[PDB]
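Drug present: rupintrivir (bound form).
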Amino acid sequence: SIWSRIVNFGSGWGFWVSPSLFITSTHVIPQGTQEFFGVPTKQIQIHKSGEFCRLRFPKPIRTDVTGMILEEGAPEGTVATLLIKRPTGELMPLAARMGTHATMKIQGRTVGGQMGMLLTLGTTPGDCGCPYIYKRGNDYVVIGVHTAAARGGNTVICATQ
Ligand SMILES: *[C@@H](CC(=O)OCC)[C@H](C[C@@H]1CCNC1=O)NC(=O)[C@@H](CC(=O)[C@@H](NC(=O)c1cc(C)on1)C(C)C)Cc1ccc(F)cc1
């Protein structure tokens, strides 16, 4: 049911935080489109924090979902889950131990986020946009969306804010 919140968006993915709140990666948003989920973009309030992109819709799109907690990353050392959906449909939950929160230089662009290390295949280019989630007590907490990963190593970057 939490997987039903990850949706094909552009060249990547997006996650329904609330009935009205879609989050995704800036690199993934289609730039030639004038409506998202049937709502015209003129009526959609889009806020960008580097690679973390937040789309607030005028009217709730997903009646069925409950709102989730959104926070700027997780505490250093938290083992989050990277809910990767694949274009084939397969679901790849990945464990990532999150680390330093920082503003990073990724390919000349400035990016706020949190680095993480995948624990024990890996991530690929279709995967930008998928959410990082960890359970805190009884509530799930979404902390960011996948934006990058080191060519050499396990490092994954989770765009935040
Ligand atoms: C997802 C988006 C995509 O395909 O867009 C094309 C622009 C893709 C996912 C990664 C590719 C391989 N595995 C992935 O998880 N993201 C990107 O291609 C971003 C670039 C990278 O991932 C590079 N990584 C780094 O530069 C890097 C830096 C650090 C600390 O760790 N890795 C490649 C080595 C893959 C696109 C991007 C995002 C944000 C930016 F500011 C610039 C560029």
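Here the PDB entry sets the residue numbers for chain A, with the shown residues being 4-123, 132-172 in order. No hydrogens, no waters, no symmetry mates; every other heavy atom, side chains included, goes into these values. Remember, it's 1-based here, ligands and their atoms both numbered in the order they're listed.
Here the macromolecule with the greatest number of atom pairs within 4.5 Å of rupintrivir (bound form, ligand 1) is listed in the PDB entry as Genome polyprotein. The deposit credits the origin of chain A to Norovirus.
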